[PDB]
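Structure containing niraparib.
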Amino acid sequence: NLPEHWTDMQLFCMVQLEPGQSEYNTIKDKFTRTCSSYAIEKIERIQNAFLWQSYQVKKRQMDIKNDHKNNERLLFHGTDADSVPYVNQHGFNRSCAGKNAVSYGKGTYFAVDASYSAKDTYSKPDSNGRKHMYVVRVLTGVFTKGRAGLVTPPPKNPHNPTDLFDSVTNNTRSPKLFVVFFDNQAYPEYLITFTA
Amino acid sequence: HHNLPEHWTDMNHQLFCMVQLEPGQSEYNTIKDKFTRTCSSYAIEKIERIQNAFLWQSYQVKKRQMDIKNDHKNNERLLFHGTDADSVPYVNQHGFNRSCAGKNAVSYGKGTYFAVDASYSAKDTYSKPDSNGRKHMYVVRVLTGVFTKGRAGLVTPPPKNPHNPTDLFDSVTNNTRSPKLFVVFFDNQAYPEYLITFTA
Ligand SMILES: NC(=O)c1cccc2cn(-c3ccc([C@@H]4CCCNC4)cc3)nc12
């Protein structure tokens, strides 16, 4: 049930990408579009079979529920070096997320621009100057402007409270961040290690 | 497909249905006996089978993953969860969410709590009685897997060895020798299989 472009594996692997290959170049270009002042050390493909299976089941469900296939975005997530081993194995856990400086809900935050996740607040430099940013497939689905009190996405309709938006954002006209409130709604696909 | 169980009834191509069980038939009897083993003084108004296809699919995926991870198929337990009436629509559609509001204490970790005996979930503090005196308890398939003793402040189960901090226990409990409650810390580790509506 695994993608054909993964290396043959074991249930988990990190795969170092080669510059000049299209897969590496597309990630670098997306990163450099707004992060021209940093320099990438390496880009690794996260091959996590269990996280992939759970995420893809959730994506198929959202595609059915919403009756279209533009539920997924490729977003960024900066984090500290100490969180990287957990995210590689277990993904993003809302119960560990820090509070965002503009909070649109209690969940895991993903950024449209790498420049946002490049802030030392998120991708905290380690003692060797290395900063860490995931590139994440995120099931954003149908979204609305969040509120700091949210622990789940809000209902679309107050008289049917269990029929929920899939995620929330900071601005529905010009989205710069998305917040997801459920496990396996985000698959960490690449880990960018970079430096000033 | 969704690998739906054989005992579910036809849903006319729909994906979520609550099906009221027929008293006196084998399925109703099995669930009622698990309840009355510790709650024989309560009065059961009805038992509903929760047929949530998306919740079931995601739960079975995690079960297959846990069965491979632990290299055995003894990772599931049938447990009880009492809750207030206003939370039943969410649980039916979405399962158990560690993040939701609650006044109850989280002495063994910030997860969702499941009881071994129905009589524990029958307390008013969990199955809070209705404006009409009715109480609600789920019978839950729970992926307890390999467990250890819990403690306050856990946000995930602890690792099974400090040297490999990402290899975690699957759940925690109050007492490993003789468990009375289990706590799980992730979505789709618990499928709500039947809803028991009852009175004291
Ligand atoms: N059947 C039950 O619900 C149950 C049986 C035995 C012990 C239990 C403990 N709880 C419990 C229920 C809810 C909570 C928290 C309260 C704080 C917010 N998130 C839910 C913590 C513990 N539920 C129990």
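Chain letters follow the order of the sequence lines: the first is A, the second B, and so on. Chain A is numbered as in the PDB entry; shown residues: 481-489, 492-678, in order. Using the numbering of the PDB entry, the residues shown for chain B are 479-678, in order. Recorded method for this deposit: X-ray crystallography, 1.6 Å. Counting convention: from 1, in listed order, for ligands and their atoms alike.
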key: Drug placement: niraparib   = ligand 1
request  = Look up in the PDB entry the name of the chain with the most contacts to niraparib (ligand 1).
outcome  = Protein mono-ADP-ribosyltransferase PARP15
ask   = Which other chains show a non-hydrogen atom at a distance under 4.0 Å from niraparib (ligand 1)?
value = B
task = Find the UniProt domain of chain B where most residues contacting niraparib (ligand 1) lie.
result = PARP catalytic
inquiry  = With respect to B:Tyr591, determine whether any N or O atom, backbone or side chain, lies less than 3.5 Å from an N or O atom of niraparib (ligand 1).
reply    = no
ask   = Which of the atoms of niraparib (ligand 1) are close to B:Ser599, meaning less than 4.0 Å from one of its heavy atoms?
value = 1 (N), 2 (C)
task = Show which atoms of niraparib (ligand 1) fall inside a sub-4.0 Å distance from at least one heavy-atom site of B:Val584.
result = 15 (C), 21 (C)
ask   = niraparib (ligand 1) and B:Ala583, any nitrogen or oxygen pair closer than 3.5 angstrom?
value = no
query = B:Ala579 heavy atoms, cut-off 4.0 Å: which niraparib (ligand 1) atoms fall inside?
reply = 18 (C)
key: For B:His559, atoms of niraparib (ligand 1) separated by under 4.0 Å from a heavy atom   = 1 (N), 3 (O)
query = Which organism of origin does this entry record for chain B?
reply = Homo sapiens
ask   = Of all the atoms in niraparib (ligand 1), which lie at a distance below 4.0 Å from a heavy atom belonging to B:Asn582?
value = 11 (C), 12 (C), 13 (C), 14 (C), 15 (C), 16 (C), 17 (C), 21 (C), 22 (C)
task = Report yes if B:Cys578 has an N/O atom closer than 3.5 Å to an N/O atom of niraparib (ligand 1); otherwise report no.
result = yes
message = Mind listing the residues near niraparib (ligand 1)? I'm using heavy atoms under 4.0 Å.
response = B:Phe558, B:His559, B:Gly560, B:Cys578, B:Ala579, B:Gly580, B:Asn582, B:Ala583, B:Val584, B:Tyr591, B:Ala593, B:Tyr598, B:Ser599, B:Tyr604
